[PDB]
Each structure stands twice: as C-alpha cells, then as structure tokens.
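Figure: avibactam (bound form) in its bound pose on Beta-lactamase OXA-10.
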Amino acid sequence: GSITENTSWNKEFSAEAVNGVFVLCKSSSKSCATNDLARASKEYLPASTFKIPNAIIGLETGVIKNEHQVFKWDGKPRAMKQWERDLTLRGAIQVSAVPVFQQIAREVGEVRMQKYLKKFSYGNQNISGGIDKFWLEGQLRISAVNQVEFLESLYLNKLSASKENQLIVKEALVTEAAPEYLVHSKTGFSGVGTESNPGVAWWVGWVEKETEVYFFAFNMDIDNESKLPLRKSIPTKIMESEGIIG
Amino acid sequence: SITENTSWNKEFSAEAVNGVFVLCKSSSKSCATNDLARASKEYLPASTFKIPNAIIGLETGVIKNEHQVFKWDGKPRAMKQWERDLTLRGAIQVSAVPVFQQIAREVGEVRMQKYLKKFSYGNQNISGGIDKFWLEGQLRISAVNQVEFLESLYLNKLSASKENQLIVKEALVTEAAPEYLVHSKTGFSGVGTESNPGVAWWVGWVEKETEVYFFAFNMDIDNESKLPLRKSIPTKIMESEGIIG
Ligand SMILES: *C(=O)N1C[C@H](NOS(=O)(=O)O)CC[C@H]1C(N)=O
Ligand SMILES: *C(=O)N1C[C@H](NOS(=O)(=O)O)CC[C@H]1C(N)=O
Ligand SMILES: [Co+2]
Ligand SMILES: [Co+2]
Ligand SMILES: [Co+2]
Ligand SMILES: [Co+2]
C-alpha cells in the first residue's frame, strides 16, 4: 500500500524524448515505484486496455458464451486487415479488434456497464459518449495507479466476477512465456490527437517471476504513430534493468 | 482413427532417433503420426505426469489454490533449480520432482487410483510406491492417450472443476506469440541402457487462430546429449505444417 518516486527511470524517457509515466509495483511488499507521481495519478482514455474489463463483463453477462467463443467475421469491410477474420477471445484481445468489443459493449448495455465499472472501481466510471466508444473517444478516464490496482484485483480473482471468468481473461492476456516468468499484458492507443492535445499510448500488465509478482502500467503522450513501439520498449528496458524480465 | 504419414520419418532418420510424433487437428477423432504402432505403445510418463498430478492436487485440496507456494525446507534436492520456493507454474516449468512427490503422498494411493481411472490415464497402474510410480514404476501411457487426455483438459471435460482445469492450463503455457499459444510439458525418464533405453517426451497443444492442434512426441533415449531432440523434431514437423514459428 505505498508509492515512491524514483526519478532515475526518467533516463529512458528523456533518451527517446517521451513524456510519460511508468508505475511498477511488487506484490509481496505492496510497494510501487514511479518516475512521476503526478502523472501516475493523471487519468487518460483507456483505449484498448478497456478490453480487459469489457471481456470480463462480457463473460459475466453471458454476452461472451465461454472461453472458446469464436467471434465470426460476418465479412464486411473493416479498419484493419487483421480484424477481417474469425477470432478467438485471445485473438480479438491480442489484435485489439475494435468492432468485436463494440458489439460486446452494446449487448452489455449502459446500465450493466455502469454497474460493473462501479464494482471494479474503474477510473472515473464515466461511460458517457456512446456505449460503443466511451473508452476510445468518450469521457472515460483511468490512471496508471488505478490500472495497477485493477490488474492486481484480477490477478487475485478479487474482482466482482466469477473465478472462472477471471481465469479465462487472464490466460487470454498472456503475451510472453519463459521458464522463469509469465507476462500478462495489454496495449492501448487512443490515436494521435493533436500536437496541442496528444493521444495516449499504454502498456499495462503483470509479470509472474519466481514467487514474486510485479504489476505495471505505462502511458505516454503520442502524436505520431511512429512512436508507438516506445510503449513497449521503455517499460521493457526498465523492467530488464530491474532484473524482472529478459 | 490414426493415419500414418511416413514423410515425417525424415526428421527422425536424420538424427537416428526411434520415436513417434502424433499430431491431431481440431480434435483427437483423427490423428496423424509417423508410426502407427508406436503411437499407441505405452511408456513411463515421467514429468508429463505433473499435469494430472497438478489437477488431482487441486481437486483434493492438497494444493490449496492457484496461488499456492511450495516452500523449500532448505534440505538438499536433486537439482539446484528446485532449491527455492516455487509457484505451481514454477514447479511445473522447472519440473520440481520433490514438490510433486509430496503432492502424490498427500493425495495417497486410494485417491490417486480413483482419479487416474476417471481420467482414463494410460494403464492406470500406480503400484510400487506412491511417490515414484510415474518415475520408475509400472505406469505407462501412449502418445495417443496423452493427446486424448490433453484434449479433455483443453475442453474442460476432465472430472475436475473448470477452475482447476483453467489453473493448470495457464501453468502449462510455454510459448506465447500474437498468433498462437503453446501449452506443453516435457518429460525424461532417464537414460537406462543401450539395450533398455529411457523415454523422452514433449506433449501439448497449440491454440492458433481459430484452430487447435494437439500433439505428443516420445523417443527412446540412452544419452542425455540427445534430449533437445524431444523439442526440435516435433517443432520442425509443426513448423513445416505452418502451425508454429
Ligand atoms: C485500441 O487501443 N485500439 C484497437 C486497435 N489496437 O490498438 S493497440 O495495438 O494499441 O492495442 C487499433 C487501435 C486502437 C483504437 N481503438 O483506435
Ligand atoms: C521429469 O521427466 N523429470 C523431472 C525434471 N524435469 O523433467 S523434464 O526436463 O524432462 O521435463 C528432471 C528430469 C526428470 C526426472 N525425473 O529426473
Ligand atoms: Co447481469
Ligand atoms: Co498468470
Ligand atoms: Co520404435
Ligand atoms: Co489456452
């Protein structure tokens, strides 16, 4: 239950000219560290990181039938070629297939979505802006601190959802496996916004490493899609320098 | 049905290996293999037994839960990598025999036998010692039966809770890529003799796109320098089929 500033991590930000924040917490000690306490508490559009709660809610409400649900490509055109295919839950999460999750949100509906975001203490819990886009271009905002809190509850199966559904979503979030560690993670990208009002990019997740568990959340301002790989490379370098991965 | 594909034998002959690969797309109703007879021949499971043993441990409550830590008592263990506290995935991935020996002891013979019958797990023969039957006893399982067992696990159709099946499934993840997850487990009984060799295993499944592939590899082994072939031969076969890599 603590947080401390460590401004030395700022070196990885300054080298790439990035304005952003990294939050890293050790589960055993309940201790977090961040480069920027102020930005750690600033709230941004979750963008595709919202697929985590949306998946849990989808399963809870029965909108997603089960773990082996296939989301069929009806076949019409879409915004990315990688979305123009049948997808599993992991596939739809991993490729961040927006129309899949828009449909899930519509079927859940506003009253149930609101209820679950309250139960999950998910950001400002403001779902105004259209049920199928509040997380991408609406009023919903969440901080890096809140993302770590949320992911810890998921890891511990302490969200207000079945253990089974929490487990389903956890496996779908596995992005790297090594003999000494598993990484569960999710990216997000709201867009380039304006040069005055940039978009946000995220990488959030946790690392199960020996007997320790490290929860993390990264975000940064972004106004050019060329910068998007920094959302993984900055926190990856940090975690490598801490000995957690790599 | 099981259908022979003798073209796969290339990857075996090249390394002078006597073994079998069984690969099934979608389900175990139809599998392909290099060797029809060896596909159904039964061998000691060795560390592949950690999969049922983990499920049974959770079902019985011996493993309290998903976040169970298996504490090291500080006494010598046969590998240094085992001389530390371990999570369930840790104990599976480093193949920490003593952790699983203790699980087995606590499960006990009666419950062990009950669950191996429920799982249709090989010859279901657990005799000769509760903490070593899968290591040096009479238990035997084929590559075909490993595929069936893993398919049941994937489908949550084993006689165990969905939760416990999901726990063990995640603990088996060994490779993650954007297009696929591999769940798998290795095993190695030992070298025995040139006349009576040990057995090496790699078993698992690949979740790819909207397809699933179940697999099981075993080979005779009498020299530990050959052990990496247990992964490389089936990996090469699956790479040529476009399933991984
Ligand atoms: C989520 O952020 N989105 C869906 C999809 N993938 O983005 S990610 O790779 O950054 O996770 C396309 C971009 C984005 C969106 N909704 O605009
Ligand atoms: C399982 O077969 N064993 C335990 C440990 N790891 O096994 S693996 O690498 O073959 O998966 C060492 C080898 C073997 C054993 N019992 O000695
Ligand atoms: Co409901
Ligand atoms: Co995990
Ligand atoms: Co043979
Ligand atoms: Co899986």
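Each chain is given a letter, A onward, matching its sequence line's place in the list. Heads up, chain A uses the PDB entry numbers, so what you see runs 20-265. Here chain B follows the PDB entry for its numbers: 21-265, in order, are the residues you see. The figures here come from the full heavy-atom set of this structure, side chains too, leaving out hydrogens, waters and symmetry mates. Counting convention: from 1, in listed order, for ligands and their atoms alike.
In this structure, every copy of avibactam (bound form) sits at ligands 1 and 2. The other chains with any non-hydrogen atom less than 4.0 Å from avibactam (bound form, ligand 1) are A.
Contact atoms of avibactam (bound form, ligand 1) toward A:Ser115: 4 (C), 5 (C), 6 (N), 7 (O), 8 (S), 11 (O) (distance under 4.0 Å to a heavy atom of the residue). For avibactam (bound form, ligand 1), the covalent anchor is A:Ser67 OG. Close N/O approach between A:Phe208 and avibactam (bound form, ligand 1) is found [any backbone or side-chain N/O within under 3.5 Å]. Intersecting the UniProt beta-lactam-binding annotation for chain A with heavy-atom proximity to avibactam (bound form, ligand 1) (under 4.0 Å) gives A:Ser115, A:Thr206, A:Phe208, A:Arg250. Per UniProt, the active-site residue of chain A found nearest to avibactam (bound form, ligand 1) (heavy-atom distance, rounded to 1 Å) is A:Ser67, 1 Å.
Looking at A:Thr206 next to avibactam (bound form, ligand 1), an N or O pair under 3.5 Å apart turns up.
The nearest protein atom to atom 3 (N) of avibactam (bound form, ligand 1), hydrogens excluded, is given as A:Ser67 OG, 2.3 Å; this is a heavy-atom distance.
Of the polar atoms of A:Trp102, none of the N or O atoms is found under 3.5 Å from an N or O of avibactam (bound form, ligand 1), judged by distance alone. For avibactam (bound form, ligand 1), the polar-atom distance check finds an N/O of A:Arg250 within less than 3.5 Å of one of the ligand's N/O atoms.
The atoms of avibactam (bound form, ligand 1) that sit less than 4.0 Å from any heavy atom of A:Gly207 are 2 (O), 10 (O), 11 (O).
Residue-ligand proximity, A:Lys205 to avibactam (bound form, ligand 1), at heavy-atom distances under 4.0 Å covers atoms 11 (O). Close approach of avibactam (bound form, ligand 1) to A:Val117 is summarised as follows: ligand atoms under 4.0 Å from at least one heavy atom of the residue are 4 (C), 16 (N). Around avibactam (bound form, ligand 1), within 4.0 Å by heavy-atom distance, are found A:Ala66, A:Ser67, A:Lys70, A:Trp102, A:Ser115, A:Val117, A:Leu155, A:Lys205, A:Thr206, A:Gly207, A:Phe208, A:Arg250.
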